[PDB]
J.: 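Looking at a complex of rilpivirine and Reverse transcriptase/ribonuclease H here.
Convention: sequence-line order gives letters A, B, ...; per-chain numbering from 1. According to its header, this structure was worked out by X-ray crystallography, 2.9 Å. Start at 1 and go down the list; that is how both ligands and their atoms are numbered. Scope of the values below: all heavy atoms of this structure, side chains included, with no hydrogens, waters or symmetry mates.
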Amino acid sequence: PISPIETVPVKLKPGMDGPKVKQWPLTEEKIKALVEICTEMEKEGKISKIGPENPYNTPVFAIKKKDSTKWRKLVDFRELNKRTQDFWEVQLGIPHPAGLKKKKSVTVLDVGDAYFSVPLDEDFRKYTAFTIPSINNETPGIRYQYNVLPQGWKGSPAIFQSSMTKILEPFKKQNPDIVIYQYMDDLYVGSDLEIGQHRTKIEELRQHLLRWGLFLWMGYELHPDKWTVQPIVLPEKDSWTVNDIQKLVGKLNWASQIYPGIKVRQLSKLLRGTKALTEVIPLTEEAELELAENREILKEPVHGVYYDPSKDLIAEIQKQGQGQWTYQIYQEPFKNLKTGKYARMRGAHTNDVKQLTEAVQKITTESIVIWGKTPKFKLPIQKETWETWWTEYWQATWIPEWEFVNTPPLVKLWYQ
Amino acid sequence: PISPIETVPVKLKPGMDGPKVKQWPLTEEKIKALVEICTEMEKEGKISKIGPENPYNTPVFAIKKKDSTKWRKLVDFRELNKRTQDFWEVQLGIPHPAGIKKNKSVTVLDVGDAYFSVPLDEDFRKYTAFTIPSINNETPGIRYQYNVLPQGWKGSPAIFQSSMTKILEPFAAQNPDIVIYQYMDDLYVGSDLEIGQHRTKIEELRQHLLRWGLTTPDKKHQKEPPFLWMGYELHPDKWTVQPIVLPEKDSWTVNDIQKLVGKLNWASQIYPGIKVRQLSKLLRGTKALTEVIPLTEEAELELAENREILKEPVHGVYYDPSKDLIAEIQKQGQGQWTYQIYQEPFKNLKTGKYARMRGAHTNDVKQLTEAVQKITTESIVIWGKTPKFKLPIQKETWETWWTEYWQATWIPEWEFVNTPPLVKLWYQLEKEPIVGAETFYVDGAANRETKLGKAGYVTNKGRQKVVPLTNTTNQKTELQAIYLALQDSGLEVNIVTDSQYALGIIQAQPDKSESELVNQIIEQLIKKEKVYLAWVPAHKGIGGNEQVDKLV
Ligand SMILES: Cc1cc(/C=C/C#N)cc(C)c1Nc1ccnc(Nc2ccc(C#N)cc2)n1
């Protein structure tokens, strides 16, 4: 058991009112589970009803976790999280573990609970106002307020950072070769052991987190070594067509704006003149060399690619068909800090949006592990279609920001 | 021994203070009439007299309805309302008949009394002060302040409703077999049981409100079904929009056609088939609602269908959560789709239409999709669940589309309803180049200043063409050039363009656009057997792009 008798002095930012965010409709079943959940939460004083004198409101919906089919309450504190994260000093997020992204494996623990044993600044509680909607609006919403530290609030991890540091000392001082990070209600633990000897030190981290206080039996396995800026690649054919060359030249033209030394003069010189698309063109001397020299320029790494802790990370995803998706996290155009390709876990999964949504999650999880801050996505979906379904496949206890690209990137296949 | 109605802590907006609005000179009678009202009130406990301290006066007036023998006071709180904080008015959306379970019996209870049992925040009453001028300005004006939610105050409803629900909350909880909608001075209750038990439980209730001293007019709800609410007609098992027929005129102004669109739009909720396109094609950037614009023959043949489908009233049923909830969409035409949501054949809980997002390009499938979505939420909102869709589109079509569309896309559970017109893809571009088909290198270019350009192509078979164009754009030509290659070519053809733009307009497989050009291109595509579009980077001198023929 554990709980602090004091509440850290919290306030919003200057000239910024509270989150008056509209609540979006939820399906009955989600509403039922939210009602039950919010009950025990009241019979444990984590929350308490409020009146009409509270104008503020935050979205709230239900989800399920990775494997378990038990309804969890997720609150979209985005709108607050920005206005609320007025500051954080010497409780500052966390010097980012540049070593976390280097360990063979990494597990993701759920320490969201520990938060619910810490009072909140009385004068602040009015800002965490959320509503359990009513089907059809037949009855008014069931508003509530928070007394304990709100999960998903980007303040809770900061406020609790004090108590947290200690619940770990006996463990950290023990295995100093291990790195532990904390983003939201998530505890990221990575090591350099055997997947089997990895589970070990972790079971020690649960049996330990139990007595010091705290679904605490939930973790994920990552592998930060398998995360790079993938190389761009040109074909290796013995027989080239006008189309093949036309595309090759098209791709090098694009990649030229990322790597300087890319020359195409010689390659297209063998195109000159209205030839048919399906005709075979042989490679010349100049060509063959030019291609080769171009690959060489491409095997190296792009230059001047640096992260800027201040600025925000852009993230693009492109649907490639057959359940394959491609992405690239960056801050400045043509300066990817990372690029990947999400695969097929569920075979002939006839659902693009479920995929997109798992994609966005993994991509975000990675972004937290690398730079300790989620990216801003550019999703290839219609705002309309996305807002109607994502929450039905979401499982993370956090939520990135996102916009919608409604113009087909020519790029789709180059990154193929 | 009454139980008190907990008061609601109310304060003003941050940094702002109260009303110092001057009192306007009245008339002997009014000032005298007010004294009448005002006295009775305080006698009842509503208000009270205040001293020379309280400097918060709010201007009061005095009005009589129309040809009356009674006077009615009117305290203008506009000043205090713009200073009072913000409340959570739980009226962010009224219910929908479609989503209401049938009630065998439904009572009503006037509570225009209880309202006066709900106290105004003690530390706030002072702000609701007003003064009754006295006669002949030979004395101080009588000063009063409220001890109960004012009839025109910002936070009155918000607090009245809250207080009430909190009082009902525990009763509704032990009586799941009833419903209680709190619309104003009326308290509508419904149940589904023997007309005997009903009335009784209504007593079990009237008794409840009595524990807070809340007295009510003996359920002699002067009312009784049918009820007219927010434009509907509710009965024990049916409902419909209040009869608002389509006028008979010859003088349709920007307003007359604007006050016929909302009627059809609102009528669209239940009358199957309401359309408003050609009548929406008569108001775009206008403003002066007086400018009487002509009724095109397009909007005419439309308004004539409206008038006849609006003759035979159509009723919507009630929601029975036991049965399946189904929705059907039909392509009307011109970005027009109309749907019907029902649980049993023809007993539509509600019906509707969808108007294409006025985008330069879009095809039938993208729309069918947008509608499905639009419907989907609206159903979550109303019934808390997704309906099963019946759509005019073969599974096979849909698949080909979502599996090939560049964007992510999805449609909840649905089945193909063969009710023509069917939605379809009109053509598909080859994924690889076609062997043996002529290869058309096309290109176009206009002149920024002279608006003069050329469009044309050159091929492997020596075939050629460059056309001169007046009044055109460096994008237009690029398209015409494809138009040409499509016109002068066989049933199969490989086209090559350096237009990033022009490729995009077709990578979206639009089946209809605003631009007539794009449309003949389409019409052209549709006619072909196999088409392969290929792009190459411009100005890189690439074998084929030796269409220095347009720059000329
Ligand atoms: C939205 C609503 C408006 C009014 C009244 C608004 C006004 N004016 C009255 C009630 C009781 C309700 N709420 C609900 C909730 C569930 N079932 C019902 N059933 C039901 C309601 C009316 C009639 C009738 N006639 C029959 C059955 N009503």
J.: Return the chain letters whose heavy atoms come under 4.0 Å from rilpivirine, other chains only.
T.: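 Heavy-atom contacts under 4.0 Å involve B.
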J.: Any idea what name the entry gives to chain A?
T.: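 The name in the entry is p51 RT.
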J.: Which nucleotides or residues of neighbouring chains are within 4.0 Å of rilpivirine (non-hydrogen atoms)?
T.: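 The heavy-atom contacts are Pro95(B), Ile100(B), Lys101(B), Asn103(B), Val179(B), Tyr181(B), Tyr188(B), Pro225(B), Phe227(B), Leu228(B), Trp229(B), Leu234(B), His235(B), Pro236(B), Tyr318(B).
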